[PDB]
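Caption: PDB structure containing GDC-0941.
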Amino acid sequence: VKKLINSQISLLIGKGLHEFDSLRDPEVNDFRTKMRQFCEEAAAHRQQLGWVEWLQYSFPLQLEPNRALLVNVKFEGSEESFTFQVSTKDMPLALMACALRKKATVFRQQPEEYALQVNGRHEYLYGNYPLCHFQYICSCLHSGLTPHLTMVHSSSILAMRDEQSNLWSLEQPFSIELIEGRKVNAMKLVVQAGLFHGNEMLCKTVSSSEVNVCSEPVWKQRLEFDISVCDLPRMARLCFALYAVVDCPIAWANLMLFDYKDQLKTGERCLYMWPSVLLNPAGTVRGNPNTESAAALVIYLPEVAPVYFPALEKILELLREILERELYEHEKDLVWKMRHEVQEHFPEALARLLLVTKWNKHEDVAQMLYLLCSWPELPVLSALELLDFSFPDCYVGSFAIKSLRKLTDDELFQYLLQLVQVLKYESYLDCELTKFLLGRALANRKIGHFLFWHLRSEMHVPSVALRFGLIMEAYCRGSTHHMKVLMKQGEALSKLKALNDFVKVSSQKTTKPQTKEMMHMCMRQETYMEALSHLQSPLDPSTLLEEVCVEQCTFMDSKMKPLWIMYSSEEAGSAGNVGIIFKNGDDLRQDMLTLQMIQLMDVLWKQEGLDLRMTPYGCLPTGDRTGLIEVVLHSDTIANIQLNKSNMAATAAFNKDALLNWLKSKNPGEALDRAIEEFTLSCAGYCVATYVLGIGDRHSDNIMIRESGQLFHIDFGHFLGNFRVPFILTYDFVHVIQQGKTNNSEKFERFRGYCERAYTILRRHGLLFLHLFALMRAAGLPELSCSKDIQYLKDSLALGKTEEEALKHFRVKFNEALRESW
Ligand SMILES: CS(=O)(=O)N1CCN(Cc2cc3nc(-c4cccc5[nH]ncc45)nc(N4CCOCC4)c3s2)CC1
């Protein structure tokens, strides 16, 4: 059986476990056994949670960031059901109490023994929260639908938990022998080598001698560094670049100077190099796995004798405010001079102080560290900054995580993407971020779900295959049942891939009707109906994808022929009708990032009492240029609506009215007012978001409308101006906002106010967007590479200005946009 699990994990993670063994690597070995132990204890803890606590793990609450409503309630093993009138202000307990009085009178005769399940979803209502604080109840109130809930007893929840069981001494210069290589090229070869601590060089770079493109080249030369061996910090990174000149980059490679056991490295190393875009301090510190073809480098670390980085005990033993809100040398000097006063009176300036400490002088690093050890904990915002590559020191990183432990699960969820990308900065396999991520993942199944997919979706990338593989295995050890739930998900994704391939071939040889009919036959095969039905959605583990609705599945006409799959569910009713899009061949990472940022804006806006009626729909890369998009039902693109089709409700005399006619047919009489309002609020949100994010190429094919009137955006291929994208006012939206009128400054100016409020709120969290984008730089996304992309966000949010200047400036961009509206 232990054999069976092993094989199922290998299949799930997209890598055979035997492949970890073949490496015969102490570090991999150690990571695997340590992390397995840590995960198994978390799984032990879990099997003994109270039932409310188990619910908290398995289905965490979906909460928002007087009035009467109707709700329908039923008991688990029963057809019969009761509709109740309650207040939005009532706790779930009150509602559970009615349900039992209604049961007892029909049936002829304790609320605390139950929780409420959302019908046909893995979602639950419990806690001390007014009904309208639950996202589900909120949703229902807006759309107008009646909440439908099931009373699930405590014994039923426990049956679920039950079924889911499992040194200072060395003053001489640092130096290496560069021995030889075995590359490929056209001219002379050179090797540049520098020592780095993050971005900062620890001393000048040093160069090789020139030897012709010859072989299989040989050097046997000492390269000596203009720093002493006792001054190398714990996180010292030696970087190499090999190129050609009479400039032509060939390859690079980096390693840590201390291994994972803190021991300084000696003697000979073989370095399998990565092929180039000259020095790459931020690149991984593990060699290329394609050792068959990779250019190799042999160097020799000299035996300085066995030496270890001194323990913490030995470490411990050893106009200010005016600037303190890029600094000159003397400025740096004051800060260092006044570090105690910084620790005492300005703890939040830790980072600026860290950036001024001389990391190439051990006495100084000792002193900076001395302060770090008694530094008070910092807010989440500050901690996120410290995770940046600018702070490679492990005591800093450890302090950062320590300051992050106070993340709520909702917050952790919101930043999960960036924390994962930061893993690519790590120097070793066993690290605080990993154990942190895994422990929080083992305490929250939703966290666990998205961690798994963020990791799984990158297994085709050699620089991270090993690390990410190792983490997913360890997690699997911590949850056998969820492993099985995830495979079921991977099996469906495997079949969609095969079906998508057929559709690609087929569509090149036959008409769309014929391909769709054969797609349906293919889907109707037993293997497919089985693989495609009865899973949790990778887009949202609380969404259940029950019976695939074959007749309604089809595909889109764009290059990659993405599949459009519909599902239904008797037990969920209408909310069990959900749709996913499967795309293979395009990159979805940029869309996911953009959509997480828009969703963050929505959270910040709602935290200040501003709901702009956003449509934050799921988007999730799952594999190599593979992932899923959630279908927002009851929506259509502007373009489709603007086709101005005859024999249709929305039949216009002027194309400018098409959109308004459409909203009118979806929203008869009095409902129209609210639809126009919903359109107005969301339009503001999206105009601000796309402006702040530099999302261009917006047009009537990538903008959508919901039947409620909410406007949203799909298919982002560009952001951060990676085409300065101007603010955008489209006429036809302005026409809707104006309720059809040529002049309606009263409506138009409400709309301006919404844009300004939304904009000024985001400026106030400008710093949170900058730290998050900074961490995203580790993604390797082509439009998020360097400083100018970040600067795009400084400029868009005008963060160097007072609120009055930024607003005035914004007013010019906006007024400029209105002129541009015809
Ligand atoms: C004739 S046809 O069969 O070829 N086709 C043409 C017109 N289509 C309209 C659509 C295109 C469309 N593209 C996307 C997408 C495409 C590429 C990247 C993306 N990122 N995010 C979305 C998205 N996402 C969509 N969503 C996302 C969620 O909300 C409703 C449907 C829709 S709806 C429907 C039928």
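The first residue of the sequence shown is numbered 1, and numbering continues consecutively from there. Counting convention: from 1, in listed order, for ligands and their atoms alike.
Structurally, the greatest contact with GDC-0941 is made by what the PDB entry calls phosphatidylinositol-4,5-bisphosphate 3-kinase catalytic subunit delta isoform. At the top of the distance list for atom 25 (C) of GDC-0941, counting protein heavy atoms only, stands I581 CD1, 3.8 Å. Closest protein heavy atom to atom 28 (C) of GDC-0941: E630 O, 3.0 Å.
Of the N or O atoms in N640, none lie within a sub-3.5 Å distance of an N or O in GDC-0941. For the pair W564 and GDC-0941, the shortest N or O to N or O distance does not fall below 3.5 Å. Inclusion of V632 in the set of residues having an N or O under 3.5 Å from an N or O of GDC-0941 is warranted. Shortest contact from atom 3 (O) of GDC-0941 to any protein heavy atom: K512 NZ, 3.1 Å.
Among protein heavy atoms, the minimum distance from atom 20 (N) of GDC-0941 is reached at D591 OD2, 2.6 Å. Of the protein's non-hydrogen atoms, the one nearest atom 34 (C) of GDC-0941 is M556 CG, 4.5 Å. Nearest protein neighbour of atom 16 (C) of GDC-0941, counting heavy atoms only, is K583 NZ, 4.0 Å. On a distance-only criterion, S558 and GDC-0941 share no N/O pair closer than 3.5 Å. For the pair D715 and GDC-0941, the shortest N or O to N or O distance falls below 3.5 Å. What sits closest to atom 1 (C) of GDC-0941 on the protein, heavy atoms only, is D557 OD2, 3.6 Å. The protein heavy atom nearest to atom 13 (N) of GDC-0941 is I714 CD1, 3.6 Å. Among the atoms of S635, none of the N or O lies under 3.5 angstrom from an N or O of GDC-0941.
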